[PDB]
Amino acid sequence: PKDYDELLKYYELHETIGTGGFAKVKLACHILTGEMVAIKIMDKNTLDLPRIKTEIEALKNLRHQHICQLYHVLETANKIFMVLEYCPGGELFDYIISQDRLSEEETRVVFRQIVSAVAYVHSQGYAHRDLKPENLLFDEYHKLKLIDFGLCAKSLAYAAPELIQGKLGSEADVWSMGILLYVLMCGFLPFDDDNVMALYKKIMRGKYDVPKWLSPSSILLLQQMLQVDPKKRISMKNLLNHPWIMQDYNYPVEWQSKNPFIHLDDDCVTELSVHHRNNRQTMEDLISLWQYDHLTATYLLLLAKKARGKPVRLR
Ligand SMILES: COC(=O)c1ccc2c(c1)NC(=O)/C2=C(\Nc1ccc(N(C)C(=O)CN2CCN(C)CC2)cc1)c1ccccc1
Ligand SMILES: [Cl-]
């Protein structure tokens, strides 16, 4: 109750919109902007504590069009709150359930965004190591956003044989994306079993069912991504411009950030200094501290307004 006092200053909390084992996420409204945000809540006491320093510091160093944006971090005696970009389209998994499976054309659209995000994550020196439809969300634009960076440093169905054997984090994400590709185009996992060691065994053998509806080029790509030997596996580089990926596009995956923090935004800075009745130069400095506090939150949520073609205005 007193743990939520600091948060409730800045946000109107709505329902729990989801709950994994490690954290609960609530929908909320940022009071100063009216912007919807997802707030991941973690109990420090009943927790795996390294998992959230991993995620927060990863998110501070990752700014990308298909990575879920962090805004505000609040730590209390008993809680850690992470205010994040709200993605109303929900999990990719649920879209794959409602449609039985995606067509090759629709899969490619979706998959190029995943390859974009993961390729960027690798460019910054990280490896996600937990890639699956549950960890990809559709934003308001029906564009994908990658989430849950708790295992990415410098699921077993999606885990690569080397990663389970504990021997190469970049090649393991390629494997996981192979499983993801398969799920998108088939509607089920290529390796699956109710017994965890039997699933393990299937993964090591590398043999899977190849449904009739798949094209020969899809099957080739799956065969290249799901090599048990990571040396034989296709690298991230040649994934970006693979003939299958290029189909209907004819350019490689644009993996670079289209929203890199170059300088600041003057329209956001002015509205803050105007709304708070502060010296403009002083407002430029406190934003530039980048503490991921309520001020950082307000600035970043005003960029979000600009990014969606809306006026940068507080109330
Ligand atoms: C690093 O990033 C993260 O760690 C992270 C993790 C999760 C989310 C996130 C960031 N950002 C989000 O938005 C997240 C979720 N968002 C969501 C969106 C839509 C739904 N769905 C499908 C609803 O139907 C909810 N819907 C109900 C009706 N009311 C009126 C509106 C809200 C459910 C969850 C979500 C959270 C928990 C688990 C799964 C996903
Ligand atoms: Cl692209």
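Residues 1-47, 50-156, 171-183, 186-333, in that order, are what chain A shows, numbered as in the PDB entry. Both ligands and their constituent atoms are indexed starting at 1 by order of listing. Only this structure's heavy atoms are used, side chains among them; waters, hydrogens and symmetry mates stay out.
The molecule at ligand 1 is the drug nintedanib. In this structure, the main binding partner of nintedanib, as named in the PDB entry, is Maternal embryonic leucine zipper kinase. Defined by non-hydrogen atoms within 4.0 Å, the binding site of nintedanib is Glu15, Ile17, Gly18, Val25, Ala38, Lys40, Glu57, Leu61, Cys70, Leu86, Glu87, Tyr88, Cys89, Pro90, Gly92, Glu93, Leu139, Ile149, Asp150. Looking at chain A, most residues touching nintedanib fall inside the UniProt domain Protein kinase. Using a 4.0 Å heavy-atom cut-off, the UniProt ATP-binding residues of chain A near nintedanib come down to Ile17, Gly18, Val25, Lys40. Rounded to 1 Å on heavy atoms, the UniProt active-site residue in chain A nearest nintedanib is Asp132, 10 Å.
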